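A look at one PDB structure holding GC376 (bound form).
Chains get letters A, B, ... in whatever order the sequence lines come in. Just so it is clear, chain A uses the PDB entry numbers, and the residues here are 1-306, in order. Since chain B takes its numbers from the PDB entry, the residues it shows come out as 1-306. One-based numbering, in listed order, for ligands and for the atoms of each. These numbers come from the heavy atoms of this one structure, side chains and all, not from hydrogens, waters or symmetry mates.
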Number of protein chains: 2
Amino acid sequence: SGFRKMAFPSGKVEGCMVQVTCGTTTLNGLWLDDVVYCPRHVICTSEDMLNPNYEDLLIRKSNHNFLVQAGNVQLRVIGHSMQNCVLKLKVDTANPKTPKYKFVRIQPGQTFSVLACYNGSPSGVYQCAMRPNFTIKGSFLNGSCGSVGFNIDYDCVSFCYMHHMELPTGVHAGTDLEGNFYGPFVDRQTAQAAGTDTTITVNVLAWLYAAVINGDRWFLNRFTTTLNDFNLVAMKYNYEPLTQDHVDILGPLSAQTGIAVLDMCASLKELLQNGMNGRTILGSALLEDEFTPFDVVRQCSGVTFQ
Amino acid sequence: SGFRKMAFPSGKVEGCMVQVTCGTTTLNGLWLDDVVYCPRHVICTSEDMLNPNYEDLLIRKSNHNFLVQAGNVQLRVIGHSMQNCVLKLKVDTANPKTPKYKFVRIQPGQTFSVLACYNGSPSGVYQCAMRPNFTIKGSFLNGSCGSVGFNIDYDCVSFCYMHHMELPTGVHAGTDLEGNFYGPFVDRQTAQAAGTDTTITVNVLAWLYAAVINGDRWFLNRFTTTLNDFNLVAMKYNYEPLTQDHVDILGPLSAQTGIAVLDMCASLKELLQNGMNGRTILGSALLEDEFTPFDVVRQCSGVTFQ
Ligand SMILES: *[C@H](O)[C@H](C[C@@H]1CCNC1=O)NC(=O)[C@H](CC(C)C)NC(=O)OCc1ccccc1
Ligand SMILES: *[C@H](O)[C@H](C[C@@H]1CCNC1=O)NC(=O)[C@H](CC(C)C)NC(=O)OCc1ccccc1
């Protein structure tokens, strides 16, 4: 038993990270087959980042202006193109460590692992969730751009995130691997407000089920509720509304614990109105929403990968 | 900026995990050079685990009773010996993925990454601390034994933990890689009490420094204190006493933030006596003690590894 914020094993992604240098700027790239993907602001200087015209900046760059390094080996760039906010550098060498991979654009509330890198070398791995306002609460410093977020499905790595920027409020924004930003953000150094950050209700419920599986049952009450009555309370506390699809997704967790979803909603309603009164749940004094129902099943059943 | 519970990249350890089967029992082994390390209770049946005599049980086992599998490849066992609570199986093939490695026995308060495995395949990675009572608060199910804890120092993997058992209270116990248990535990299925779990004060202070580096300064007060006066308050709340060595270790964090260690101790003293009043620090409503001063420097400066 026990419950931890668990990241995916990073071995399959570590072998795909390279260092990309253009002039003075160095960030990380993702080397898959004979293509390196990296944020397009690698072609910017520090003054270009206030109001970059990426088309005009890219005209003055040739293949030989991009230095791609995989540890101590040099990759020769034989072609380059811009796809939305990412650059695709065609190199002369296919990555021999290329895993089975897929590009996926995730939905808010879904979780993934981030392999934080600097100069193309892994620094650490952690788990996070795409917030409802399309930000992530990450840990990134200068030089971390090009670090990727991923999920693993048995033997297939699903890349879903590439890091680009930090907002003035301390949260982080990036793109999918086709270069499309999550949310309304643009890759320029300007004031950009993020919307309201709401709590992922279906994830909180899955975490409460994980608590019951692990022996924390003090929050279970004798009340029940309805979907409409719960959502009326949930909206007041900036919680995401619960839908029938969410109830179906929680179905297997409800069957394993013998606690109906609406009964768990009533327990959550009491926690939202009266607080936790200094108590803790799974070692936390707040309601955690960065575990999906799948994350809970995966950790409480011991799913493994290639 | 930002701060996350960050684990080490697991790639170098994933290539060392194998599956070890003896009769009906299957757990994980660590394959380094031509030696596989695994918990010795792999030779037990379910009834042997109440009161195992490991010497008598091992007499009835030959080399060919141990089935070692690295994915789909079979390793031939050419020798076996018991070193404390671990078995060393000599195999005919040296692991070609053997990294630069070291065996280290860690001290309470130190942190490390756990690669949770089942059937020799990685399931996930998370960060934890050796508690002062020599337990860890992990996430382990049946079949997880032989999973290892590790640190990375540039290119060298330091193995410090191998998982063996879960206590009735839900916490976890294991050995170093020489088979010596952390704490007074023994590998038999019997009631074993753990001591009082105290809070690692030096780790809390490092985490408060990480909060200041990341813009959370509401808890900073105008008071200071002395080491003796702080420890008098710390002992009442089951906090580990702070020593002069701890002050020296926090030195670099104190110099980077311009906040003297004793001034931070006064802020902690106020948090212990008056609580946090519903506020949060780095997104937590409790005082976190699973970040060492080195972990904080490493994450806030972007240290990378091979
Ligand atoms: C890429 O490595 C870097 C990552 C940042 C550095 C601090 N933390 C991060 O996540 N990204 C940038 O420097 C990025 C580049 C633009 C061309 C998009 N800008 C950025 O994040 O600036 C921070 C900021 C911008 C505007 C107002 C306040 C802060
Ligand atoms: C090895 O895979 C396994 C790991 C356990 C299973 C549940 N969570 C874990 O961490 N270890 C054992 O089954 C271990 C074997 C003995 C020979 C040491 N026993 C164990 O942890 O039993 C749990 C327990 C023992 C006594 C009282 C209450 C619970």
I'm curious which chain is the main partner for GC376 (bound form, ligand 1) in this model - what does UniProt call it?
3C-like proteinase nsp5
Contact chains, GC376 (bound form, ligand 1), heavy atoms < 4.0 Å
A
What residues contact GC376 (bound form, ligand 1) if the heavy-atom distance limit is 4.0 Å?
A:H41, A:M49, A:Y54, A:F140, A:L141, A:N142, A:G143, A:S144, A:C145, A:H163, A:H164, A:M165, A:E166, A:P168, A:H172, A:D187, A:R188, A:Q189, A:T190
Subset of GC376 (bound form, ligand 1) atoms that lie under 4.0 Å from at least one heavy atom of A:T190:
26 (C)
Map the residues of chain A touching GC376 (bound form, ligand 1) onto UniProt domains and name the domain holding most of them.
Peptidase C30
What protein heavy atom sits nearest atom 27 (C) of GC376 (bound form, ligand 1), and how far off is it?
A:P168 CG, 3.5 Å
In GC376 (bound form, ligand 1), which numbered atoms sit nearer than 4.0 Å to a non-hydrogen atom of A:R188?
18 (C)
Mind figuring out which UniProt-annotated active-site residue of chain A lies closest to GC376 (bound form, ligand 1)? I'd like the heavy-atom distance, to 1 Å.
A:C145, 2 Å
For A:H163 and GC376 (bound form, ligand 1), does the shortest N/O to N/O distance drop below 3.5 Å?
yes
Minimum-distance protein heavy atom relative to atom 25 (C) of GC376 (bound form, ligand 1):
A:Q189 CG, 3.6 Å
Looking only at protein heavy atoms, identify the closest one to atom 22 (O) of GC376 (bound form, ligand 1) and say how far it is in Å.
A:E166 O, 4.0 Å
Check the deposited model for a covalent bond from GC376 (bound form, ligand 1) and report its residue and atom.
A:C145 SG
Nearest to atom 13 (O) of GC376 (bound form, ligand 1), what protein heavy atom do you find, and at what distance?
A:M49 SD, 4.7 Å
Which residue owns the protein heavy atom closest to atom 19 (N) of GC376 (bound form, ligand 1), what's the atom, and how far is it?
A:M165 CB, 4.2 Å
Is there any N or O on A:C145 that sits under 3.5 Å from an N or O of GC376 (bound form, ligand 1)?
yes
Distance to 0.1 Å, residue and atom name: give those for the protein heavy atom nearest to atom 14 (C) of GC376 (bound form, ligand 1).
A:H164 O, 3.6 Å
Considering only heavy atoms of A:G143, which atoms of GC376 (bound form, ligand 1) have at least one such atom less than 4.0 Å away?
2 (O)
Should A:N142 be counted as touching GC376 (bound form, ligand 1), given the test is an N or O pair under 3.5 Å?
no
Counting from 1, what GC376 (bound form, ligand 1) atoms have a heavy atom of A:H172 closer than 4.0 Å?
10 (O)
